[PDB]
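Okay, so here's the structure we're looking at.
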Amino acid sequence: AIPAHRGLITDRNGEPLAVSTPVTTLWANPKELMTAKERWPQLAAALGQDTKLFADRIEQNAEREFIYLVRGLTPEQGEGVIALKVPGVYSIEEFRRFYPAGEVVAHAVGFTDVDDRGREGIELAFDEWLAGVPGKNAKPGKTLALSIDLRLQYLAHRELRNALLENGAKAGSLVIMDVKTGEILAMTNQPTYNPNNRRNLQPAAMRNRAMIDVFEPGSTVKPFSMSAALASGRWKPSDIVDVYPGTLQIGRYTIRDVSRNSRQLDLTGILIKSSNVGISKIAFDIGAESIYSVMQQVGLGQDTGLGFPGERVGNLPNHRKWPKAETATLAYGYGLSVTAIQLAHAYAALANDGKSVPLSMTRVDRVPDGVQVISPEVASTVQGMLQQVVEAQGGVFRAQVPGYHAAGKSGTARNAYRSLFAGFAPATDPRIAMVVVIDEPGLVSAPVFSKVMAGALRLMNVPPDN
Ligand SMILES: *C(=O)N1C[C@H](NOS(=O)(=O)O)CC[C@H]1C(=O)NNC(=O)[C@@H]1CCCNC1
C-alpha cells in the first residue's frame, strides 16, 4: 500500500482549501525489534512515548510483522528517528491533509480520517474523484475547484459571528447562491471548528446547519403562496383583501396577524405587513393544491440532488385534499419543513425570472439549462412586491442595501424559534440570493442580510442599480 497524493481542493478562484502535504510514517517489524530490546527506550523517547507502554505494546505483538509507531512526522523529524538505525524500524512517505482556511470553510470542505479517506463534507462527497488509487504505481487524485468564493465565505463568516454576539445567539447559518448558475458562493454555520486540530470537538460545532437543520420557514414562503395566487388567474397585485380586525376564526382555530392596523390590503400590502389573515383568505380562494404545487416545483421539502453527506430533505406533505386550517397553515409556512439551502434555492428560482438552475457545490463552467417553475411574468411581479417589502414605508428598512435595490422577506421559523431573512439583489437584474438563520436570538437577521449582501455585490463587481 503506497498511498496516492489526494487531489487539491481550491475555492472558485483557485485559493487552496485542502492540501495533502508529504509526511513520514515510521512502522516496525516486531520480530526484528525483539532482537534489539536495548534500543527500544532511545526509540520511545524520540517518539515522546512512555518506555513501559512502548515496550508492553511491542512485547504483546511479538508474533506479528507490521505495527505503526508514529503517523505523519515532518520531513526532518522522521529522518532523525531512522538515523538512530534501530533494527526493524523503516520509513513510509505518506500524505497528511491541511486546511489553510480553517474554521472559515470547515463544514463545506469537511475533512479526512487517519487513512486520508473522506469523513465529512466535500472530502467525502467527492472522495472517489479526490482519492485516486494506491500502489502497481500510485495514480494521484484530481484537483476540485468548489463553487465557494473564499472572499464571500470570509465576509459571511465574520458578519454572522458578529451578529451572533450582538444578539447573544448561540448558533446560525448563512447561504449565498449565484441565482444564474446554481452555485453556492458561500455556506457558513456557527458554531464552527478548526479541522486542522481535531482533539475534543463539541459535536454541535460539527453540525452543518445550512444542510441538516430542518424548520418550518413561516413568512418566508408567503412569496410562493403569492406566486400561486398570481398564476391562478383570480388575483392581480392591486386586488384588495379585507384583513380587519387582524384575526380570522377557522371553526375552532384562530389566525392572528402580528400587525393589526389594516382593513383593505392589496397583494403587495399583505407581504409588507406579512398578514397571515390576508394570505389565508387568498389561499381559501385558490385552494392548497396550487400552493403545494408551486412549493414542490421550487424544491421546498424536495431532494436538492447535491449528493452531500448528512443533507436532510425536510417534508412538504401532499394532503391531496386540504381542509381550511391545513390550507392556511401551509400558505403562511407552518405545515412544511425545509433547510436553509432549499429556501435559498427557492429564492434563487424567484430571482432568476422563475427559472430553477440545479444547485452546485463545484465551480460551474457550463451552466445546465434551468426549468421554468414559475412563469416569467409572475416571478417578475413577486420580485417587484419583495422589493417593496424592503423599500416601502412600514417595510423591513434594516435590510436595505446601500447603493443597490434589495428584495426579501423576514420570518420566524419553528418549540424552538429561528429568526429568518431571505432575499436577492439587485432587484433590477438579480445576481445573488441569500438566506440568514439566527437561533432564538424580524429585525435580527435583516441587518446581516444588508451587510453581507453589500459586501458580496461589491466583491462580485455588480454595478449599483440605484
Ligand atoms: C412570519 O414568520 N410571521 C408573520 C408575522 N410577521 O413576520 S415578520 O416578523 O414581519 O417577518 C409574525 C411572525 C411570524 C408568525 O406568523 N409567527 N407566529 C404565528 O403567528 C404562528 C402562530 C401559530 C404558532 N406559531 C406560528
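Using the numbering of the PDB entry, the residues shown for chain A are 57-191, 211-489, 501-527, 535-559, in order. Each ligand, and each atom within it, is numbered from 1 in the order the structure gives. Structure method, as recorded: X-ray crystallography, 2.5 Å. Because only heavy atoms are used, hydrogens play no part in the values below, and waters and symmetry mates are left out as well, while side chains stay in.
Located at ligand 1, the drug is listed as zidebactam (bound form). The chain that zidebactam (bound form, ligand 1) touches most here appears in UniProt under the name Peptidoglycan D,D-transpeptidase FtsI. By chain and number, the binding site of zidebactam (bound form, ligand 1) (heavy atoms under 4.0 Å) reads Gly293, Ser294, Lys297, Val333, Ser349, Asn351, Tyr409, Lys484, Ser485, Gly486, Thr487. For atom 4 (C) of zidebactam (bound form, ligand 1), the nearest protein heavy atom (residue, atom name, distance) is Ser294 OG, 2.8 Å.
Annotation: atom 23 (C) of zidebactam (bound form, ligand 1) to nearest protein heavy atom, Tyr328 OH, 4.5 Å.
Here the heavy atom of the protein found nearest to atom 18 (N) of zidebactam (bound form, ligand 1) is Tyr409 OH, 4.0 Å.
Backbone and side-chain nitrogen or oxygen atoms of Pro292 are examined, and none is located within less than 3.5 angstrom of a nitrogen or oxygen of zidebactam (bound form, ligand 1).
The N/O atoms of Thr487, backbone and side chain alike, include one that comes under 3.5 Å of an N/O atom in zidebactam (bound form, ligand 1). Nearest to zidebactam (bound form, ligand 1) among UniProt active-site residues of chain A (least heavy-atom distance, to 1 Å) is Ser294, 1 Å. Considering only non-hydrogen protein atoms, atom 6 (N) of zidebactam (bound form, ligand 1) sits nearest to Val333 CG1, 3.4 Å.
Considering both main-chain and side-chain atoms, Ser485 comes within under 3.5 Å of zidebactam (bound form, ligand 1) through a nitrogen or oxygen pair.
For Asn351, a nitrogen or oxygen atom sits less than 3.5 Å from a nitrogen or oxygen atom of zidebactam (bound form, ligand 1), counting backbone and side chain alike. Applying the 4.0 Å criterion to heavy atoms of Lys484 picks out, from zidebactam (bound form, ligand 1), the atoms 11 (O).
Of the protein's non-hydrogen atoms, the one nearest atom 9 (O) of zidebactam (bound form, ligand 1) is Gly535 CA, 4.1 Å. In the deposited model, a covalent bond links zidebactam (bound form, ligand 1) to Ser294 OG.
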